[PDB]
J.: 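The structure follows.
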Amino acid sequence: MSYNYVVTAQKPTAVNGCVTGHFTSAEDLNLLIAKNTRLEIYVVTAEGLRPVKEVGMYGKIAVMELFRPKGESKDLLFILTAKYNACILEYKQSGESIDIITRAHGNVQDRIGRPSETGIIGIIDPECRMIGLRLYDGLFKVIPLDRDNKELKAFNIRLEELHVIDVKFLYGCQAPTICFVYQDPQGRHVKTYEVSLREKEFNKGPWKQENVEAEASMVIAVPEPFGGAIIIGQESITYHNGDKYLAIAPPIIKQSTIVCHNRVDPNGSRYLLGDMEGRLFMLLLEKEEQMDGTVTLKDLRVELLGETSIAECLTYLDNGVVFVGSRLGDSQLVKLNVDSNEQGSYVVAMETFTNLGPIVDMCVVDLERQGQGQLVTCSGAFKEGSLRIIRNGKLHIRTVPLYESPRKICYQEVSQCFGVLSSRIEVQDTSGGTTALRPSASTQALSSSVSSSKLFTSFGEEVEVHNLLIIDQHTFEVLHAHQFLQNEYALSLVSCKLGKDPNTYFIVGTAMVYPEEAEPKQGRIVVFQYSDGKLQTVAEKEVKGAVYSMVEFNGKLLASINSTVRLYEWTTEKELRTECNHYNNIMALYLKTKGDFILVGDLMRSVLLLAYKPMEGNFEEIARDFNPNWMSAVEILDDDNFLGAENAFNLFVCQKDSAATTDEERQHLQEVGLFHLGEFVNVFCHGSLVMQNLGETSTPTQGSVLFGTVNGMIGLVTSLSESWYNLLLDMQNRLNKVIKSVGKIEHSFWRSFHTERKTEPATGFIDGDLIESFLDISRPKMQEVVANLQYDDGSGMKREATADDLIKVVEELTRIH
Amino acid sequence: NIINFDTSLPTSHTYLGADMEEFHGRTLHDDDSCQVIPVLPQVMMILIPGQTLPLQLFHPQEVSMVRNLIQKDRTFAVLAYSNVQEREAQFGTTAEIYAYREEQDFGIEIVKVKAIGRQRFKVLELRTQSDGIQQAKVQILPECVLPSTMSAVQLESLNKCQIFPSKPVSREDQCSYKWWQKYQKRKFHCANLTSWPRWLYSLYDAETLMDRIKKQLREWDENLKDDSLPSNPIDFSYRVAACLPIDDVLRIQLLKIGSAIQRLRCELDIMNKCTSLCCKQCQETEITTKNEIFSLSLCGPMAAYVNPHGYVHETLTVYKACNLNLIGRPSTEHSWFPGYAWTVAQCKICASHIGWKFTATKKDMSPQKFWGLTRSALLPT
Ligand SMILES: Nc1cccc2c1C(=O)N([C@H]1CCC(=O)NC1=O)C2=O
Ligand SMILES: [Zn+2]
């Protein structure tokens, strides 16, 4: 009873894993980039990267490592999905219709058991004797690998310790060996087990447990001829081999801890190490020792190379080209030239792949002469936040870097300027001031200002200082940078006109945060007014609480202080005044309005509806919905249906039934539509990317809602007519018997509603990607796709339904993006 | 002060009996569905799960039901009655039997049984049986547990920096304010991807809320850190909800909530916004000193105690209580505590039967500094 249609406009570009191996052929070198729902296979050359395939799986990639079993010419691929849809893929060139066949498939989840808090870990024996996993605490799942094993049967093995940090197989051993570090009240230890397949149980490790630093996080297995594992902590990089033990404590890696790595040599003489701050370390192993043919370490020196994008997963390609795969910034392709050294940096940028995510907030604006629309986003984080402009005329994306994390955005038109909040990291020096770290867009504006109101530590700690920028829509240069007081945090920002006043006021809601107290006690609402390139504080109101989100009502201002939703009236004296209150049991986070309906949500799914009766002047409570889940963003599709996202990357649609004859059913919200989008949704906003011409009879779609995601893909969820939903449902349920997906993951699985406690089949949502994929299917298969569809409902049927009519139907739905 | 009294004997209710026939606990339920269960009448008290309850039954029908239940699954339903009497209940909590004893002696019915609640449920309609023990349809309400709030947007990179070292020592200054800053800054490091700050996610976490509740509780009374406060948020929330001096409507509202985090937030709000106490008929009372309330038991400031003449009675262990009158000599023939003598302490204006002063019996005790109140005539204001 929802009949919604979700489609993907811009395919996700975040990177969460990259590996290399001879996949396509024994002679080529590939860089498989695992983004999210999509997989891309590249080929490396002298000039750079040449794309080959864009294959999309029915799940989220979580584990991707290449292995080569005996008797194989080209490397196979092992992929594990978040929904535990394990599969083994093999590349194969068939003429020019390159396809990825599936060697094996099968679910590996257990009936009962909490998922591990650290996360899914995928490890493979270097001899390709088995495949390891850690899905549930205390259950190190093992999947035997054999030519006859086409079902992936898994037998659990009990782990003696519950909290396991990192487990990775060791090299150069006759029997398979693991080396993991666990957490205990007495401290952290590294202990090894000798897994035996015949006994299906653990054994005694080659070398006994050894105490390690209290911040051991990541483990690297050194290949032959060295052996052993390197345990990298926050302060030291150690090495364990039983009898042998080397450890160093360099001060260079003291600022930030190492979270990612990738080997660079067949013998592992050198290594790569990445950290969150965004610098590329360069570990070295000294192999000059040779007593009687064996090789052992002598030094663990750490040498810094330079600063690159914020690392998420590294890889060393040929000829000293390192793919610094980012996740919250922009991907790069740096070169490790040890002879340039322009100023002390060993890295120079070569390429830059666009990475939209993580989108934080959005706005749709017609920056051209009332033509198309333009999703001005707020991408990036930490030192790589930037403004992106996404047009529709393939999507063209131009970047405006700020070197500063942006929070929200809004577009005032009567001053042709953007308003974007920001938050840069400021280090606390031992002088009472605030010294910066890098030249950010807040400190390089044409002018500047510092807020000064009188209405109310350790050397090394970081303190966040907030700013409100004003950016022109043409040059995209910063014009002014207003800075709030100390320990003030900016949360809300709305550009709207109030009351009978003719000007457009920037309004920012802020909430003071102190380390001593848990939740904010006093906040502030400030009403700016941009004019002649000078920000002025026209009005200032103080609130005993936090300003979480704000909207406008046709000349009135609405704010949600703590757990209370408040309405503010703009008087003729330019001072905000309170009008009505509605004390809620929940803390109002999201405010989305349409007409007189107010959609008050929270972070615990407690969707609540409100209606403002004008004759009485006080809020009235209409609908209720309580269910424990983490709601990410909520949007009002129409006067009845409310859309939102919740835990496990799901989408849900709630409908209010005004036709109910009993008060008990009217005061409750049904759950009509549930969908597993596969992405985490951050913000919703109305608008469309395509020219909004009247189009005579228009299209079957009606309405338009865009959403942004952490991985950075743009989708377009719309509404559908009554018969079109049934026709599309029949077509989708007939498409599943023609197309062959990679891994054999069933479509209803990749779209079934998912939660740690309950799963139910998806209803009320039509997958736009599956329907849009029909135009790529070969013509002879189209005859099998449709045979009794009963095409027309309005004025005829045409039972045969032909094949060309469906092409017209799908194209009309494809024209919307 | 600890007044040198072991606070584990008042929990076991030694006065009830000695040679208890212990029943081993193995019992669960449908896990989100429905069942049917006998209901014991003549009881009016909301039973939070994890709270112990003793029972004393005299009429033949309920003792016959007790023996039948003993030779059956050990569970009976205690409906959480609302303000309106006459079967005006919607929510109830099942009770488990872990100890039984006849002690017939003279003999009418005479049963020495103690019970603890396990699960929550709701009643559709109250079916009535002419035997005397009414049985009801019951939908076992769910116990919803939520994952970590940062598990949705967690990076695949810094998955490993999520198991922190244990707390430094225990209950010390500069080892909590300094450590909690690092905890918040490191655990919720990926909060910048979403459109919300880190402290907002801190408001909806499990460990931080439990630490705040523990700090407030130790501000109230001298609690020995992990003095039978389970690390699990579910049992901790139930125990703290049971041991608070709040009205019945707020307690049933707490019982309504099915998620641990919502329950903890609501409970924190309630005990932050509740300071005063009243004497029902009287305008006010000195019991307003909510801060000066210690717990002379392992179950908390409140527990369930029985009287030798019938209905179960409620208690509140306060250090000092004014606006009261003392009547009767200190006697200990049937004492709720082993080494204490109880004195009937009446009120000063309304003269309600609320209050019980306990006097000194030994040297290393609390000399004439102890009281036990009653929620029937006590209401927060
Ligand atoms: N309403 C009555 C009536 C008679 C006797 C007692 C009570 C009563 O409440 N307690 C308490 C007093 C407090 C105590 O220590 N143990 C008890 O059983 C009695 O002995
Ligand atoms: Zn009184």
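Chain letters: A, B, ..., in sequence-line order. Numbering, chain A: per the PDB entry, residues 1-393, 709-771, 780-1140 in sequence. Numbers in chain B come straight from the PDB entry, and the residues shown are 45-425, in order. Start at 1 and go down the list; that is how both ligands and their atoms are numbered. Worth knowing before you read on, the calculation uses all heavy atoms, side chains too, and leaves out hydrogens, waters and symmetry mates.
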J.: State which of BIIB021, DNL201, S-pomalidomide occupies ligand 1.
T.: S-pomalidomide
J.: Report, using the naming of UniProt, the chain with the greatest number of heavy-atom pairs under 4.5 Å to S-pomalidomide (ligand 1).
T.: Protein cereblon
J.: What are the letters of the other chains with a heavy atom below 4.0 Å from S-pomalidomide (ligand 1)?
T.: B
J.: Got a sec? Which UniProt domain of chain B does most of the touching around S-pomalidomide (ligand 1)?
T.: cult
J.: Quick one: what's the source organism for chain B in the PDB entry?
T.: Homo sapiens
